[PDB]
J.: 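Sending over a structure with WIN 51711; questions below.
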Amino acid sequence: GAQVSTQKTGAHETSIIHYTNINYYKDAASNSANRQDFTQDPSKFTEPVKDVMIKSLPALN
Amino acid sequence: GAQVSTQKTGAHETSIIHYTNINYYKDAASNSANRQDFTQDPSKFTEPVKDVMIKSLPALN
Amino acid sequence: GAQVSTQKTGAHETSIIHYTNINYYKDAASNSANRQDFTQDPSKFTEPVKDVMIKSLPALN
Amino acid sequence: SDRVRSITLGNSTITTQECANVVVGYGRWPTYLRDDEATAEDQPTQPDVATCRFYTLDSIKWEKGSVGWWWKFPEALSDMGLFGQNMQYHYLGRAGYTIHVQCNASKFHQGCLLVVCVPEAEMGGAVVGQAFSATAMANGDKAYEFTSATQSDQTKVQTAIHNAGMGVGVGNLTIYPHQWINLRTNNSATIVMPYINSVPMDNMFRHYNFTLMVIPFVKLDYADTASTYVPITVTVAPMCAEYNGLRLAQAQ
Amino acid sequence: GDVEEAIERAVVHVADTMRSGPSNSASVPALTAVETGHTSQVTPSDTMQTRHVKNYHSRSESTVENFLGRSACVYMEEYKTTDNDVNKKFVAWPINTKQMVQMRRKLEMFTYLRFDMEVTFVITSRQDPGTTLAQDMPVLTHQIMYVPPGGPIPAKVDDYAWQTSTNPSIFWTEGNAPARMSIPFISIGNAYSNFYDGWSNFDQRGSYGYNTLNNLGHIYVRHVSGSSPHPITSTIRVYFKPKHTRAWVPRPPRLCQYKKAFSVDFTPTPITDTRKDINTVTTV
Amino acid sequence: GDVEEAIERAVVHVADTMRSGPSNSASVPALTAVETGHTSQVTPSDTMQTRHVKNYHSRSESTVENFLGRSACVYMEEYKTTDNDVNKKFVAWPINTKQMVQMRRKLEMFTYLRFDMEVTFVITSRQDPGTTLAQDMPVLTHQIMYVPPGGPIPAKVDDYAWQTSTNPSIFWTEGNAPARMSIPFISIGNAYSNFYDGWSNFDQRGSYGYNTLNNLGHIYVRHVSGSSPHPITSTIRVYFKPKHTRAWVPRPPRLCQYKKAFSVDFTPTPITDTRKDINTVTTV
Amino acid sequence: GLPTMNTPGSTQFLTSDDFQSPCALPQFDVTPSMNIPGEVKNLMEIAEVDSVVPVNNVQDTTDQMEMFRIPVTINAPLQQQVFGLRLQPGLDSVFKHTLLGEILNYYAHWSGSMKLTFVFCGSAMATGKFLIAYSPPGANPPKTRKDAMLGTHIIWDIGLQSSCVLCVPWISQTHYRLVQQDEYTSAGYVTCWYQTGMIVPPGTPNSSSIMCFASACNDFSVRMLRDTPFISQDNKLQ
Amino acid sequence: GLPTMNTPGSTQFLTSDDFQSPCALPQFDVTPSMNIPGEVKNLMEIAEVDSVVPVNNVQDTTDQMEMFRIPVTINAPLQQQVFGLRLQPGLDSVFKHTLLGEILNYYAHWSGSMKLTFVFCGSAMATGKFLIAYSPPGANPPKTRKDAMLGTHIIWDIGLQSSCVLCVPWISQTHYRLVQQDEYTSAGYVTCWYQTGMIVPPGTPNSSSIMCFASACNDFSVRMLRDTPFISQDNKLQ
Amino acid sequence: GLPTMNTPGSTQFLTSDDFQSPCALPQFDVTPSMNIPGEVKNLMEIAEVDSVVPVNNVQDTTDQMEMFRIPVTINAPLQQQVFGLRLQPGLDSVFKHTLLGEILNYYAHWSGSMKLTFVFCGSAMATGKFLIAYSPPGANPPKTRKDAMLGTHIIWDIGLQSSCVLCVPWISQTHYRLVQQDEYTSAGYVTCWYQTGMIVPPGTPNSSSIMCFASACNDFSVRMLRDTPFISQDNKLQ
Ligand SMILES: Cc1cc(CCCCCCCOc2ccc(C3=NCCO3)cc2)on1
Ligand SMILES: Cc1cc(CCCCCCCOc2ccc(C3=NCCO3)cc2)on1
Ligand SMILES: Cc1cc(CCCCCCCOc2ccc(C3=NCCO3)cc2)on1
Ligand SMILES: Cc1cc(CCCCCCCOc2ccc(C3=NCCO3)cc2)on1
Ligand SMILES: *C(=O)CCCCCCCCCCCCC
Ligand SMILES: *C(=O)CCCCCCCCCCCCC
Ligand SMILES: *C(=O)CCCCCCCCCCCCC
């Protein structure tokens, strides 16, 4: 059961850009890297404040 | 006729985790190991008593 | 056009035991051996007699 | 109670008023050889009641300083009636057994025996490298004894009890079918052994399928009672005995 | 047809811990009769208050297939490229699994075993030290031949038996991936026996022990046409990896060190090591 | 189209043993007339009481394809990298299967044979011993050329014939997997003959025997441009493995040792070995 | 040929690899399987079986069998300690050579609960109550019954039922502990004390033995296969 | 290129391998097949054919053909033994060079029943009854007809039907025996005795010969291909 | 075998390759995952967090903490400059060791806007207005407030809201600039001036400190992974 997914864009304008993969080993540790997960959240760090703060309104009182 | 089955879980949370196998030889002796059979029974050894014994009730008389 | 057939039984009880083959050459001489043909007839040698002879009945007269 | 037990094979019956349970092989009850597991083609004899019955071996004395005993099977039964006769006339044999070890004392005595059946109990010589003869391990129903001290006599097997003659830890013999006779609660032990081997049938003289070992883990002790020794008696019954390859009887 | 669904999407775990509260009853789980030959099925919830624990641990790495399924060195020997002694130039090994202690102890934890066997060979060569070492020897090729019981045995590196018209042989050249092949379950019995409490003769005489059932044949190895001006010594190491395994009637692990390759023989060894008293629990 | 179902899910076994009880009849299976040239089809159930036995044994390893299908050494010779004698530098072999005793005996168990042939070559090189051995020779490459009957034969390592514009050749470099290729059934007849009770001339004169039908050509092998300062000796070993085999009219196996490559010639050898008397059944 | 490119790992021999390979005996007809009793599928089945623990593995041991006998006597001082042992099933001498310890020694990690079964082997006429406890790790082991009773324990009463099971729960900060246990991976202590005393009527022996069995529970497992420190050699055998 | 990784076994030459390889004579037009009589498909077809057994392979043999003649005579002592042989079809000199023995010698394991056919070659006027028996292994071979008659046997009567077949059944503890037979793999003995005696009328020869043929039954098979000990060489031929 | 042909690159070990490889611990049962707080998925999440900029990293620094304090005083000459810094977030000493600069130093290219937050740390009684500006590159940096006010700027008034954010936009001829910035890849200057002056009532300190924080905006990204110049060694540690 081959998995087919999109490649990272190259020098040329984008369909021919997809690659195929098949796992050959019984352990997931053997698999290649997860180079393509781009989920991202900076708010645990940039805004850990209990009460949410909208930019337009003043910060204090 | 390729066989497709699940891999042993890795560092990351689980679908992309299945591997594929195809046998190339005429003798089953040539095949890879049965790393994934988890059938198990400890009672031939832990309780070989003719009359079954429920935990709650006393052992003798 | 891949051919899929059964393997010779191994140490373990039998479905996962089939192998697949594909021929890569233009001449049949290039093919692997016919390790699995078990047709067999010992009677050209064990009983080449014109008149058939049933075991129960006597051989002469 | 469940302590009460009655067993009947052939023309013999065994009864016990204070028992534990009945241990059965590896959960496997003795059974005749099936057609899809056989190689030897001749029609077998299955003497039934004549062979599958209880035979009582010579008794022994459990004394304060006893260390342990062993009996090898089927050798131990080679002289027992028609069971022994059938062993002699046949090249191949097969059987399971009901082993009943008897030992009664009193509410004032203390002691505890391990009763185990060790399949393929291959033993080491008293002096490494020196071969010993069959007589060093079995001879009819004669009980053989282990020793505390390590054995020096090269004509013998290494009898030091803590290694059970096999080079392993005696306290780990519990992975084999067993029962304990703790004088405080039991008075006997019953183990049903099925036929265990790597081949469907085997010669009964040449191969000792299993060895019965009775080992005092807690020494026999008592106070000012007039009774001194406590007898231990072994009674065993072959089960589903069948034989193949009849011919002249083996001299011994 | 094309793809097949042998997926094991439902794998076994270790038992969960059930929440358990106070109790006051006639039902008493913690008291038993060890005399029955029964091991108690008690769990913490039977004798104390437990919380619920969803246990995801799995016994995958402790299956017999997994425990036995790693290649282990079962033998090693040297053979020279050139020597005056005919026997120093080839190896003749009576196949067995009793000479290398680690593999032996593992197999011996079971009485009977049934499996296919993967065999891998590791062959390395070194130039023997000497006064004059300058030479330019081409790459070496080795032949490993299996001689089933009864077949003609080679008496020297250059004898006819090495023709292998029927015995299986492997020709391997240095610098390459180690040679390997599979052998099926070849016993004449239904399972291999690690122990045999018996004799070879009906008389109850002859050989005693497992050695009487060992007749798997030999492995013979030589250099192909490798005679060099100055001697080179090759060392062959043979690895066994059982696969498609089944095991019966488990035994206590070997406690005493091994003394002989073909016998159970041992020297009495104490149960375990000692401590000063029955209450000592510290280290210093 | 994609996948194909050539599955042999129904394979042949050896005959089962039927249960058989007592009998008292005029029908008598055990008495026959060997004179008819007939071998009796009797089984144990015909002469004794048998139990039923479900027999799973199979004759898979004894098919002719399997018996003949293992590579066997059929020839070996040496050729030097540098020598004063032109002929010591290349091999010229008239293809045949009669020089190596093991393969010969197997093929000769049948009168006629028809099969394709897998040929594998094992070539190894060694530096010749001498007073001065220091050199640094690059890897060697060999050429193996097949010359069908009548083609130009090379007279020296450097002659024009080695151009192989039409004859098939293999160029192989040391350190690599042994060279191999398949040849189809090439006889001018419908089957290869292991024996030929006849002559070459209509006169009943000329050559006698199988050698008169052997005209498969030659194999020629040389080093490509391998002249080294100090001589190196290469040894080539050629292996034959018949495949897709058919065999006709089986013969008794060769009893007497072989004396000649191209003739049946032998020295009378006794039927078998002897024992003291017709009742001796012990060993000592 | 199909264009290919070898990646790292090519040609190596990894001992724990799992590939296919050619069979040297093509078409060999295997001997039929037979249903032999006692098949094992997982080594944990063995570790789940009781084996006798050499609790009394003291220095002055004259007779080896004494190691399996825990001494218990009449007129013992009140609250006296019967024994004390440290929970390192794969490392401590009390457990390392039992069935459970031997299996553990082929692995590097372990997790799960254990069953310590105690069986009284005195006469039917003797009586007694014992407090058996388990103390999770801390800087100091219990030195007194008062200290011990604050941890997980069971009070054993002798009667028709000769055996009692102390089930030591898996209480750990990590999911697994090391077989080659260290301080970080410390498991604690198991101690036994007289709850009342062993009382006896006239005409019975003055002291008796208690035996200890050990096995794994159904939540027990091992990880990381490794060679055992318990077997070695200086030469090939023969 | 497609990423690949070579595994152990790569580049090796295993004699019993089974791979494809390029054809050196592309498009060669094979000579048409022809239906020649006597095709063989399995070596067991050969082993199933009778061959004459050299039963009388005794020490003092002057004439080679005598080995095939089992002597039988008038006025033989009652219950006299005619011959005795040990069942090792691939090892014993009586069988090793027969068709069956020769086939067995290219294998290491064997299993199945055998047919021993005996043919009386005296005149039509002679009479006699013989007891032919098979004794499964045991510590001692039969020394007397009384001993022999307890095993598997047939009582042969001479009449119009000149031949008699003793079918020795497969009675073994293992599924297969070794061709290079040993004690563990022992098969037993086959012996022949006078049941009555060879009686003769006036004017007929005083002694006669019996011949023995051997072949395999339909439950017979061999395993483990191996080279035969029966052929060798010190030099290339020529 | 299937015909194949190795292409260039075969057998090489490329550090940034991405292939599969055999697992040495087949069937190892991984410890269950646990939901630990603070998971990071992209290094940009870190660069988006403010860190204190050592703006006052002047030569005569006695006390290290002084580097974080920008001096501001009463009666400053009109239009006086408070500070000036050059925009090379990965190269200039003012930024190179901040969170943002450290992340940048593992890359060779960068692009995006930046937030420079200024926080007044004087007493609640002090007042003041400052002009903070950004000057895109050109041949000469601003030397006067008049010069500075022609570029991108904000006029900060001190009140309840203590902090003010100057957001320096991405104004560049190229999509990305180099971390190891050069003239071609020049980014400009950020300068601060007194708009009015810091006025104070009686009884308050005469000078105060201003702090500067820096972080990346949501249009910021880095490219070309590289090793950092900030860590090295002459020997293996230990
Ligand atoms: C390795 C090893 C372990 C042993 C015990 C042998 C167990 C083998 C099981 C069966 C293997 O196949 C056989 C081959 C020949 C013989 C044989 N028995 C008598 C002599 O040869 C029996 C079984 O000793 N060495
Ligand atoms: C006895 C016994 C059984 C065991 C396991 C041992 C059996 C191992 C299988 C035997 C493997 O022998 C070989 C067969 C052939 C070759 C070989 N074939 C190609 C060249 O080498 C090598 C080993 O444990 N005790
Ligand atoms: C090997 C071997 C075995 C023999 C007998 C030869 C059997 C070959 C069968 C047919 C092969 O193809 C032929 C090629 C040439 C000739 C030929 N006959 C007269 C001389 O050349 C005949 C058949 O001798 N050497
Ligand atoms: C005569 C006879 C027939 C046989 C079998 C012998 C026939 C074997 C087939 C002939 C094979 O000859 C070769 C053909 C070509 C090459 C070769 N082609 C590429 C380079 O080498 C080598 C062997 O038995 N008796
Ligand atoms: C997934 O396997 C479904 C489709 C099958 C594609 C054929 C696989 C191509 C050859 C690679 C086999 C991998 C064996 C390690
Ligand atoms: C199984 O074969 C059904 C689907 C076919 C998949 C194509 C196989 C990919 C190439 C490997 C062929 C194996 C030949 C040894
Ligand atoms: C048969 O070819 C039908 C299905 C096609 C399977 C894909 C083949 C896998 C790659 C091997 C190609 C062989 C080229 C020599």
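Letters A, B, ... mirror the listed sequences (proteins, then strands); counts begin at 1. Partial entry; contacts are within-part only. Indexing begins at 1, ligand by ligand and atom by atom, following the structure's order.
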J.: What are all the ligands or chains assigned to WIN 51711?
T.: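 Counting every copy, ligands 1, 2, 3 and 4.
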J.: Which chain makes more heavy-atom contacts with WIN 51711 (ligand 1) than any other chain, name per the PDB entry?
T.: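 Its main partner is protein (coxsackievirus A9).
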J.: Using a heavy-atom cut-off of 4.0 Å, list the other chains contacting WIN 51711 (ligand 1).
T.: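 Counting heavy atoms only, the answer is E, H.
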J.: Help me out: what name goes with chain H in this entry?
T.: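 The PDB gives the name protein (coxsackievirus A9).
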J.: If you draw a 4.0 Å sphere around every atom of WIN 51711 (ligand 1), which residues of other chains have a heavy atom inside it?
T.: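 The heavy-atom cut-off picks out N96(E), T97(E), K98(E), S187(E), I188(E), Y192(E), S193(E), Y210(E), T212(E), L213(E), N214(E), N215(E), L216(E), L178(H), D182(H), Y184(H).
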